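Figure: structure with caffeine.
For this chain, numbers begin at 1 and follow the sequence in order. Whatever order the structure lists them in is the order used to number ligands and atoms, beginning at 1.
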Amino acid sequence: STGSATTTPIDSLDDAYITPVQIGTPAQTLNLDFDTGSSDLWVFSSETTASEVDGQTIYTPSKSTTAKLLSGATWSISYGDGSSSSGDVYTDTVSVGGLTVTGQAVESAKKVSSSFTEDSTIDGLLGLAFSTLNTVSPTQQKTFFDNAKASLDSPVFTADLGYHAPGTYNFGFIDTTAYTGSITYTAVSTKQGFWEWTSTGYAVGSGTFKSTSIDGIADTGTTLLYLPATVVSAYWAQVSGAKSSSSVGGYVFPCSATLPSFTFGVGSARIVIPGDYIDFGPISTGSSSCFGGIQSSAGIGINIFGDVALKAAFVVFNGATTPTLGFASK
Ligand SMILES: Cn1c(=O)c2c(ncn2C)n(C)c1=O
């Protein structure tokens, strides 16, 4: 089997991407944030505290003839951005882009933190990291991909995120028309439950490539590119007037600037992030200070190849017995 679904930016900055997901019978379609940095499929629901729902589409398990309470199971998750959610669990039929999993754990939110409430466009998350990170207790649950894997034509999914445009998540096949050149594969460590890999270096603009190992995670659920402070400083030093602002919470730059590209290494291959991908616009409406798309990972504890990096590539998440990651230009 295979599946193919379009993923769409939630706003003009590509802050996140939403992908329609069919849950239950008859189908309830919710727009979920596919997150390769976590492993819970959770949704706004009929159980979510009413004051914490503001425009989201909810899953109502009592209206699904295939929903079953997973008795005694609870979940609770906190994300790198400080947001969180928790609740109980149903199993139900879940389909993405024509690919159907029966008995998928659908984690129903009883509580969500303010950032979720305030984002009316995201109806929940669909985790695509390794199932060892799933938070369901006392019986850990499998991700949608892990449940689908054996049925797939090939045990893979791909992320093809757009810049200010829709893109695609495919399951079970590699669309050879969706990228240019060849795909370069690189080793993954699953020791922390992430799609963790080691970039071979970077360049800033037309500058020379610096060979250096940068361990990080491929994370579709993180907006920006978070790298060591040394690398980030080298990038922003090439933008007149750029500076790190503790009050704003990272590097800002004059909105009048033209940003240089940023290149990252994948083995001997190179992925180029155009400068425009690094512009996240005014820090507040009407401001001439703009927020940067490359930020320091110091204090996070891990480097994160988020959407800014991933949307410059066609990315293969290879879930074979020994997982690997593939990157191609497009
Ligand atoms: C602080 N900040 C962000 O954290 C941010 C942003 N755009 C995207 N992000 C993530 N802007 C404009 C911003 O000012």
Check: Counting duplicates, which ligands or chains stand for caffeine?
Finding: ligand 1
Margin query: What's the chief chain around caffeine (ligand 1) in this model, going by UniProt?
Written below: Endothiapepsin
Next item on the list: Output the list of atoms in caffeine (ligand 1) that are nearer than 4.0 Å to some heavy atom of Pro282, sorted by atom number.
Entry: 12 (C)
Margin query: Any idea what organism the entry names for chain A?
Written below: Cryphonectria parasitica
Notebook entry, point to check: Of all UniProt domains in chain A, which one holds the largest number of residues in contact with caffeine (ligand 1)?
Noted result: Peptidase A1
Note to self: Among all the protein's non-hydrogen atoms, which is closest to atom 9 (N) of caffeine (ligand 1), and how far away is it?
What the structure shows: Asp15 OD1, 4.0 Å
Notebook entry, point to check: Among protein heavy atoms, which lies nearest atom 4 (O) of caffeine (ligand 1), and at what distance?
Noted result: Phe291 CE2, 3.7 Å
Next item on the list: Please report which non-hydrogen protein atom sits nearest to atom 7 (N) of caffeine (ligand 1), along with the residue it belongs to and the distance in Å to one decimal place.
Entry: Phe280 CB, 3.7 Å
Check: Which residues lie close to caffeine (ligand 1), i.e. with a heavy atom under 4.0 Å?
Finding: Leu13, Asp15, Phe280, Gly281, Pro282, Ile283, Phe291
